[PDB]
Enquirer: 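Hi! Got a PDB file here: estradiol bound to Estrogen receptor.
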Amino acid sequence: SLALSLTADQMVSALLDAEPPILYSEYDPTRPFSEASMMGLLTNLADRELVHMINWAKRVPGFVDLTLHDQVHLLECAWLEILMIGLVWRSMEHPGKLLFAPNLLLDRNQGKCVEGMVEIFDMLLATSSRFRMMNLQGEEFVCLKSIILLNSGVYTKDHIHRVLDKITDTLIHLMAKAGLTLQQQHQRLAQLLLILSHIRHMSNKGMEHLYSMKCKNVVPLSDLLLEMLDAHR
Amino acid sequence: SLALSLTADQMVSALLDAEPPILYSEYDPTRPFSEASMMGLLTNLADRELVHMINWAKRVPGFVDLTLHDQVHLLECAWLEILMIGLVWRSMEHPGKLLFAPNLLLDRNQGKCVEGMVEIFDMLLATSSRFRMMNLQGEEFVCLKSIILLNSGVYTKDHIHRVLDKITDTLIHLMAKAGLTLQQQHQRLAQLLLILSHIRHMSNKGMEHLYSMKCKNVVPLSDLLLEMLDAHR
Amino acid sequence: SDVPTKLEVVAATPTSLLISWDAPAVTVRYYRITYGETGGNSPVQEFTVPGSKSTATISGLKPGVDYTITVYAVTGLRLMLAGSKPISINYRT
Amino acid sequence: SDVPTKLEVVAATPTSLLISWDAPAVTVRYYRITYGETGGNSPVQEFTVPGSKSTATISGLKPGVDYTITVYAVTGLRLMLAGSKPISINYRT
Ligand SMILES: C[C@]12CC[C@@H]3c4ccc(O)cc4CC[C@H]3[C@@H]1CC[C@@H]2O
Ligand SMILES: C[C@]12CC[C@@H]3c4ccc(O)cc4CC[C@H]3[C@@H]1CC[C@@H]2O
């Protein structure tokens, strides 16, 4: 293996480089906000991001060393969590609103355009704020992302489990390097990993929402997103 | 506060004593396994356990010091996760099957009596095995439970957040006391907290299943469970 | 009061117990009764009684043994939380 | 081949680019085209083209600037994973 020989500095540099490109949304201000139009907007953005998510994943160390079946599984499991953790990262410096994209800064009422939305929004916000409040650093963040990708799902895979314990060591290395004591170190480690739970949860609630929107047949969804959803029931 | 003056040994002793009583299921072998009857069985057990879950929670250090509104919220959020982590603890020494109760040892095919069940079962099993495989100790387990109770939900609560960092220190103290190195310590800490994610997920999938069973109107559910469910949509 | 009180054993055979308590002044959805051999440590049995009732029989007990009986008032999450520790008693059959 | 190849700029105005590529030998659900000013570092634009097509115009570019263009073949999760790094090019308008 190669992902294991990498020092933390190397590990972090790799993940930092594998970052997906920032995307504009299809927002257009000549057409007003309807439930249909905003869901189409968010849903279009999601399809876009998914295409880059795939090629981002491959660049995550050791990921491309798994059987293609497992690479698929991890992504069918993780895509919305990944999507979310990104949104929540992207929104940290905007108390009150969600920075879906450079041209899409939504805030809480804009969400209750779409029935079911506002509840998930409230959580995405809460989580966002929590990261800002504990000063999450870009270097921790890319680690989180990866853990999220690698940790999604179940057992029937000890490969996956080593490259995770790697990422953990990297995490711990950052804090050490950032001037924490041993006890503050483990404490903050725990604090971040507990947050991952909230995202699983937000992810689950979203996925169901997205599914109810597909049926109601508000907006049509693109072939790829469509697959990532159906992968879940 | 008082939950903060407690040394780890004290903290662990408290949680170890607050344990709920073990319950028999209403299993009866004169009546054969139907989808109706097994769901009624599991669903009856759940209502039972919930009554003890309430009084168990109060005994969890610092829990009874929160506003009643928050005590309620944590439980509406956590009940199935709590239920599950317990099942998964209880099943560790039974490769292959789920020890719902002293008189109810189900295994995987028994679950595909009920449509939707088998998928959740498979995960409960996977998680169970994972704990057995890393030799989860009773002392770690009660900590996990509590974290699960305390960590459920969202922000709008720094009280909650201290008594969690307490539980973390306790956790870390156990490992230290059990002969791990610093690096094995943080690694195992991370491994357990990552598992909590899988439970959030199993919890979400179950809750939806349980809800679909209420509508289909297979089995009737008791007033209390009924509330814990409706608390979710 | 506001939670069950004055729990006690009314009658008894070698194998059965009839118990009663003073109900709380409140809609009670139903009660749960649990019993187990005292300090035997095993799993306890449990059964349900409609909330309009305020007595219950317990049967199939081992003669001459000491049981712990506990009556749970099932109301709602909030009351149950706010509420007091449930009342229990010991009775040897 | 099995993923798009031979991407290139066919025609160009100060503000528009017309591009083409050799399609892969496969059902392609659709393509994504992304473009951005080269090493400008900003967010890139992106738009979709039906999979039966194999050319696209890009408009509203700043004259005389250097863009990076990349064509993504959207198939399925499995192929896309198995598939190779997407082909890209640089063209100054
Ligand atoms: C999936 C939803 C549409 C797409 C949304 C999106 C779209 C793009 C993105 O980067 C992040 C998110 C997170 C929230 C997602 C939404 C939550 C529910 C909704 O169905
Ligand atoms: C809630 C369900 C019935 C009650 C089950 C139960 C019942 C008792 C218990 O201690 C744990 C669990 C976990 C799984 C739960 C089930 C998962 C889906 C089903 O609806």
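Chains: A, B, ... assigned top-down by sequence line. Quick note: numbers on chain A are straight from the PDB entry, i.e. 305-460, 472-548, in order. The numbering of chain B matches the PDB entry: 305-460, 472-548, in order. Heads up, chain C uses the PDB entry numbers, so what you see runs 2-94. Since chain D takes its numbers from the PDB entry, the residues it shows come out as 2-94. FYI, side chains are in, hydrogens and waters are out, and symmetry mates aren't considered; it's all heavy atoms of this structure. For this deposited structure, the header notes the method as X-ray crystallography, 3.0 Å. Counting starts at 1 for both ligands and their atoms, in listed order.
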Enquirer: At a cut-off of 4.0 Å, which other chains have heavy atoms near estradiol (ligand 1)?
Expert: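 Heavy atoms from other chains: A.
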Enquirer: Show the binding site of estradiol (ligand 1) at 4.0 Å, heavy-atom contacts only.
Expert: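 The heavy-atom cut-off picks out A:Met343, A:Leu346, A:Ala350, A:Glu353, A:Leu387, A:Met388, A:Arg394, A:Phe404, A:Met421, A:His524, A:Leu525.
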Enquirer: What UniProt domain of chain A accounts for the bulk of residues touching estradiol (ligand 1)?
Expert: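 Per UniProt, it's NR LBD.
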Enquirer: Hey, quick one: which of the residues UniProt lists as binding 17beta-estradiol in chain A get a heavy atom under 4.0 Å from estradiol (ligand 1)?
Expert: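 Sure - UniProt-listed, with a heavy atom under 4.0 Å: A:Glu353, A:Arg394, A:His524.
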Enquirer: What is the residue-and-atom partner of estradiol (ligand 1) in a covalent bond, if the model has one?
Expert: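 No covalent bond is modeled.
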